[PDB]
Structures are given as structure tokens and as C-alpha cells.
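A short worksheet on the structure shown next.
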Amino acid sequence: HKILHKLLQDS
Amino acid sequence: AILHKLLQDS
Amino acid sequence: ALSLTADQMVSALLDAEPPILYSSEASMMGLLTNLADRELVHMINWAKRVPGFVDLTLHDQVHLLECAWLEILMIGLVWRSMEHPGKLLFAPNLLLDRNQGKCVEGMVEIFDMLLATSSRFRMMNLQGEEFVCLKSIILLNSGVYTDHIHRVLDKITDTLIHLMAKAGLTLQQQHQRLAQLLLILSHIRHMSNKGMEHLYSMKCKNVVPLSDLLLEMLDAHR
Amino acid sequence: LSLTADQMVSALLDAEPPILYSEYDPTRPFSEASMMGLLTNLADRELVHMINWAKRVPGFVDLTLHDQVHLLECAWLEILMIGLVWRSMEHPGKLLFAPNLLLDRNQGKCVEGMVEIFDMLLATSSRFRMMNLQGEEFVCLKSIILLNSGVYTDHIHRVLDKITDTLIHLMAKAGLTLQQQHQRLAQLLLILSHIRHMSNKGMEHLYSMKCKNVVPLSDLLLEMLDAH
Ligand SMILES: C[C@]12CC[C@@H]3c4ccc(O)cc4CC[C@H]3[C@@H]1CC[C@@H]2O
Ligand SMILES: C[C@]12CC[C@@H]3c4ccc(O)cc4CC[C@H]3[C@@H]1CC[C@@H]2O
């Protein structure tokens, strides 16, 4: 999955 | 430009 | 121009409306660009009838039309297509469904955006009187950052609000609907910029002959 | 949807990201590559803050991750640009990318095709100044961009309606007449068409730089760019 998809979670 | 002429002739 | 009432503004814009013209990868682009070229000549006449526009210098008129021409073509297309879910009514004898966009490289993405806009028009129940106000705003706004123009723009806002009040909307509903309508202009801008990128690509690839007028309009966007 | 106008404003003001510094190095002259490097390095750091700001915009975290991704992918450069234009308001003729990176149009010429975009950004800053755009209006506009730009690609529209009520509330509270309220609302929202245009041109420019190997872009930027 897109890196944005990940950043929307971590935090 | 043709645009100019169209405007003038309109 | 700044003297017209709301009703007179609506009447003038309704009176000024252009006519609806008639219509492989090469042949489809050929039909579309041929249509666009003929529509452009009528657009110039329509622009001259938008109140305030002829007050501008020739230089400023040219600039506004060069900026806005594809936005104007597109909002007209979207309007014509409103009552035809899933299709784009380019002309009464060229009603194209979504999958025929695939006939041209990179086109179906643009077809999809246009269809979504038409779908938005439907869900808002956009009225003809509102549509002509929006088309006028596009003409006067799109190249304007590049005072009397801003006064005319305020008048068209007044006219939109008048139409909503006449239709029975509450003050709160008027402001919300005004916002909804104006936000769609951001989407129309997006579509025009993508369409311009596409048209430029087709020209470079020699897939279709383009008229002198179209070539001029295209190269205004560098 | 429960939030009042004043609560909406407070929420948005509270969520505001910080102003970051660039990695500007005054020991060397600019090159096309080094300026693009500065600007894209800045964008990249801003993006991480943008992602966390978005999560604090009312209604955004209720969306699926896919929808959140899509809206941010659509609007990220519009949001960077309106932020830039806002920062630059009190600096006529200049763009305040960062407090240690304040550029005029001549410095935009350093990068091929960039000065045209500087010129548009500068004109938008001038328009904000002419309108006397307020901070509370700015944050409403920025949230509208996030929620609107990719929305056509009901919950979202209800939040957008709430932000409209909020803009009108701010204008009424500032003493604008009823007619002045809908006129200003229109003026502000028409700015969003111009911001969209600049974003589209900025995206084309960035793609151009990437395709010419002018600047190494972060994986995040490559993907944000690729979504377009
Ligand atoms: C410009 C294109 C051909 C002309 C098309 C047209 C042609 C006529 C018209 O009334 C509207 C539109 C909108 C979409 C345009 C197309 C988008 C991409 C394509 O290059
Ligand atoms: C995207 C570009 C680099 C990143 C720039 C930036 C970087 C940071 C920022 O806060 C705002 C902007 C707006 C203009 C952007 C530029 C426009 C063209 C260039 O490629």
C-alpha cells in the first residue's frame, strides 16, 4: 500500500 | 490572432 | 451592466446562449476537435453579450477567452449531459457513453471526471438560470488575477442569490448552495487543465489535424 | 456536524501546522538543482505535518483510509500553495517559503519554467492582501480545499456546508452587511479555482523536474506526484 496510507496510521 | 478578429467582427 | 436588475441579468444571459451544434482514435478526436472549433466561434459571440465584457479592452477580452475557453466548453458539455446519466452529450448526434472514451489514449480519465461533474449537477438539481450565471463567472474569473470586473462578478453573485431566494430557499440554504455551486468551478478548472494537457499531447503526436483557431487557443496555455 | 461555528473555528485554528525552516545554505550560490532541492525538501517535511493536520479537520478521520489517501493525494500541493500565499501576504513581491527562504520573482528564474508559477503565486498573495483575508477565513478555506478537491472523484458535503456557515458567521461577526457576506463568500471561493490552476501547473512543473533528473524526490513525493 501507498506510503501515505501508512502515515495516516502511525501516529 | 484570429481570436482578435473574431472579437472585432463579432 | 452594473445597472441591470437581477431579473434583467438572468434574461440577458439566457438570451445570449449559444446554439447547440451538430457533429477509431483518429476519427473520434477529429469529430471532437471539429466540434470544439465550431463551438468556439459561437462562444466569442456569447462572450460579447455577457454584461460588462465588451467594456474591457480587446487585449483583456482575448486574455479572458484564452484562459477560459475549455472550461466554458466543458461546463456546457456537462450541462447538456445532465439528463443522460453515464453519457456525455457532445452533440445531439454524438452521445457517447463512458467506455467510448477508451477509444482515445488518456481520454477515459477525463470522461470520468466530466461524468462525475454531471452527476454532481444532477444531485444538486442545477437550474438553467444558475448554469448561465456560472458560465459567466468562469469567463470573468479564470484569467482575472493575471475592479470593474470584480463589480460585475459581484453582480452575478447577487443574481445567483436572487434566483435562490426566488426559489424559496432560506438564507442559510442560499449561502450553502452558493458555496456548493462555486466549488464546482474548482473541479471544472481541474478538468480544463487536464484536457489542455491531453489536447497538447494529441497535437504533438499528429493524431489529428487542428484548426488555426484551436492551435492558437492551445498555445495560449504554453 | 454537531459543532458550532465558534467551535469549528477553534478546532481549525488549534490544528494549524507550524512554519518550518528550509535547509537553505548561504555559503553557496543557487543552482537550478539546489533550489529545487530546497523547495522539495521543505515540501516533504511539510507533508508530514499536513497529514496530521488533516486528521484534526472535523469529519476527516471518519472517512476510510482509502478516502483519506485520495483527498490528500488530490489536494496536497493546493494546500502547500495556499499556505505559502498566506505566509507571503505581509511581504509584497516575495514568497515566504520559509523564514530563512524569502524569494522574489527574479530568484524563480533560477529554475526553468518556475518564474511563471512564482508570478501566479505572487498575484494570489496580492489578491489576499487586497481582500484583507483574515486568519480565521484562511483556515476555513484550507479545510475546504482538503475536503472538496477530490470529493467528486453526503457526509463530506455536510461538513463542507458547516464550513460555509462558519465563513458566513465570521463575516457577520466582523460587521459585514448581508449582501457583503454573500459577495465575499463568492470572492473567497473563486480564489480556490485559481489555487487549483496553480497546483495543476506546479504539478506539471515538478513532474518535468523529476523526468529530467534535476532533483531526487522522496518516495512519498514520488507517490504523491504519481497519483496525478
Ligand atoms: C480537448 C478534447 C477534445 C474536445 C472536447 C470537447 C469538444 C466539444 C465540447 O463541446 C466539449 C468538449 C470537452 C472535452 C474536450 C476534450 C478533452 C480532451 C480532448 O483533447
Ligand atoms: C512543486 C514545486 C516545488 C515545491 C514548492 C513548494 C514547496 C513548499 C511549500 O510550502 C509551497 C510550495 C509551492 C510551490 C511548489 C513548487 C512549484 C513548482 C515546483 O516544482
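Sequence lines map to chains A, B, C, ... one by one, in the order shown. All chain A residue numbers match the PDB entry; in order, they span 2-12. Note that chain B carries the PDB entry numbering, so the residues on display, from first to last, are 2-11. Chain C is numbered as in the PDB entry, which gives 307-329, 338-460, 473-548 for the residues shown. Numbering, chain D: per the PDB entry, residues 308-460, 473-547 in sequence. Whatever order the structure lists ligands and atoms in, that order sets their numbers, starting from 1.
Among the choices amitriptyline, adriforant, faropenem, estradiol, what corresponds to ligand 2 is estradiol. The chain in largest contact with estradiol (ligand 2) bears the name, in UniProt, of Estrogen receptor. Heavy-atom contacts below 4.0 Å between estradiol (ligand 2) and other chains occur for D. Against a heavy-atom cut-off of under 4.0 Å, D:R394 is close to the following atoms of estradiol (ligand 2): 10 (O). Of the residues of chain D in contact with estradiol (ligand 2), the majority fall within UniProt domain NR LBD.
Looking at D:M528 against estradiol (ligand 2), nothing comes within 4.0 Å, counting heavy atoms. By number and name, no other ligands or ions lie nearer than 4.0 Å to estradiol (ligand 2).
When D:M357, D:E353, D:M388 are checked for heavy-atom proximity to atom 13 (C) of estradiol (ligand 2), D:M388 turns out nearest. Result for chain D: of the UniProt 17beta-estradiol-binding residues, estradiol (ligand 2) comes within 4.0 Å (heavy atoms) of D:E353, D:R394, D:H524. Among D:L384, D:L346, D:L525, D:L544, the residue whose heavy atom lies closest to atom 15 (C) of estradiol (ligand 2) is D:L384.
Taking distance alone, with nitrogen or oxygen atoms compared against 3.5 Å, D:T347 stays at or beyond that limit from estradiol (ligand 2).
By chain and number, the binding site of estradiol (ligand 2) (heavy atoms under 4.0 Å) reads D:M343, D:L346, D:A350, D:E353, D:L387, D:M388, D:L391, D:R394, D:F404, D:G521, D:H524, D:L525.
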